[PDB]
There are 2 protein chains.
Amino acid sequence: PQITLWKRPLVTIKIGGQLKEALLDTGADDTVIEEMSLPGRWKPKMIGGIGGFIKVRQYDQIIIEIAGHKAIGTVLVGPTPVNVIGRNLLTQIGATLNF
Amino acid sequence: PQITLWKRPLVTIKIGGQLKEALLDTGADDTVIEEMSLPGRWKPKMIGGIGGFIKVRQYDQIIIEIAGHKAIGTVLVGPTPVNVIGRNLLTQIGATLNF
Ligand SMILES: CC(C)(C)NC(=O)[C@@H]1C[C@@H]2CCCC[C@@H]2CN1C[C@@H](O)[C@H](Cc1ccccc1)NC(=O)[C@H](CC(N)=O)NC(=O)c1ccc2ccccc2n1
């Protein structure tokens, strides 16, 4: 598909057995998902952007379906107002920016 | 061009007659540039990112060249750690996300 950028590029994702809306975010190094009770071990991390840093839980090898495309990788869980799909997973679904 | 996402999608921009590096960011509503002297009238604004809200200077109708493509639009100047080109300008240069 082609997604224009007039509106936020939000898509449906499946993670941990749940459907969520998430932002396809070329400016994010990492994938950051709103607080949710994922099972398994995790590592503390701090991630930054405009306004400073937040504390998140780093989960490895998490399966996520993004707009119908399967991916597996690192997902950071913490208090974000928007679920962010970053480049670690955008590459797995073969996403490009075109102009 | 077609830009893949294994690396940050950094391009050269020209703003205020000056060359800078900036990130093409589909997740950003707005464009935020690091502190600089910029010709024009501005007004104070706040904007929020992953780590909270910051104060910025809002400059309207600023000419900016992005990877050789022209845009004229709003630029927010403030203590952003990375120059970010958001959807307000990505739409002007015809950028889309594809997968
Ligand atoms: C630019 C602005 C208009 C303020 N918009 C946003 O910031 C929106 C805010 C939304 C709601 C909060 C949750 C994030 C989303 C997406 N973001 C866009 C979004 O694309 C944002 C843009 C950005 C890039 C780099 C540095 C600063 C800001 N990316 C990020 O916040 C990601 C998050 C992460 N993966 O760790 N940050 C980075 O990838 C990143 C890269 C290099 C850096 C160097 C030093 C310090 C921090 C750095 N952070």
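Sequence lines set the chain letters: A, B, ... in the order given, protein chains first and strands last, and positions in each chain run from 1. In listed order, ligands and their atoms are each counted from 1. Determined via X-ray crystallography, 1.2 Å.
In the deposited model, most contacts to ligand 1 involve the chain that the PDB entry calls protease.
By its PDB name, the drug at ligand 1 is saquinavir. In this entry, the other chains with a heavy atom less than 4.0 Å from saquinavir are A, B. With the cut-off at 4.0 Å and only heavy atoms counted, the binding site of saquinavir comes to A:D25, A:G27, A:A28, A:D29, A:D30, A:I47, A:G48, A:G49, A:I50, A:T80, A:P81, A:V82, B:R8, B:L23, B:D25, B:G27, B:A28, B:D30, B:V32, B:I47, B:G48, B:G49, B:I50, B:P81, B:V82, B:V84.
Looking only at heavy atoms of the protein, atom 9 (C) of saquinavir is closest to B:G49 CA, 3.8 Å. With respect to atom 24 (C) of saquinavir, the closest heavy atom belonging to the protein is A:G27 O, 3.4 Å.
Among protein heavy atoms, the minimum distance from atom 23 (C) of saquinavir is reached at B:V84 CG2, 4.0 Å. Less than 4.0 angstrom separates some heavy atom of A:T80 from each of these atoms of saquinavir: 13 (C). Heavy-atom proximity to B:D25, at under 4.0 Å, picks out these atoms of saquinavir: 18 (C), 19 (C), 20 (O), 21 (C), 22 (C).
In terms of protein heavy atoms, atom 46 (C) of saquinavir is closest to B:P81 CB, 4.0 Å. Between A:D29 and saquinavir, a contact under 3.5 Å exists for at least one N or O pair.
Less than 4.0 angstrom separates some heavy atom of B:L23 from each of these atoms of saquinavir: 24 (C).
Numbered from 1 in the order shown, with element, the atoms of saquinavir that lie under 4.0 Å from a heavy atom of A:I47 read 36 (O).
Close contacts of saquinavir with B:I50, meaning ligand atoms under 4.0 Å from a residue heavy atom, involve 12 (C), 13 (C), 31 (O). Close approach to A:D30 involves these atoms of saquinavir, each under 4.0 Å from a residue heavy atom: 34 (C), 35 (N), 36 (O). The closest protein non-hydrogen atom to atom 4 (C) of saquinavir is B:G48 O, 3.4 Å. For saquinavir, none of its N or O atoms has an N or O atom of B:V82 under 3.5 Å away.
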Please give the N or O to N or O pairs under 3.5 Å between saquinavir and the protein, distances rounded to 0.1 Å.
from	atom 1	to	atom 2	distance (Å)
saquinavir	20 (O)	A:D25	OD1	2.6
saquinavir	20 (O)	A:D25	OD2	3.1
saquinavir	20 (O)	B:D25	OD1	2.9
saquinavir	20 (O)	B:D25	OD2	2.6
saquinavir	29 (N)	A:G27	O	3.2
saquinavir	35 (N)	A:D29	N	3.4
saquinavir	35 (N)	A:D30	N	3.2
saquinavir	36 (O)	A:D30	OD2	3.3
saquinavir	37 (N)	A:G48	O	3.1
saquinavir	39 (O)	A:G27	O	3.4
saquinavir	39 (O)	A:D29	N	3.0
saquinavir	49 (N)	A:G48	O	3.2

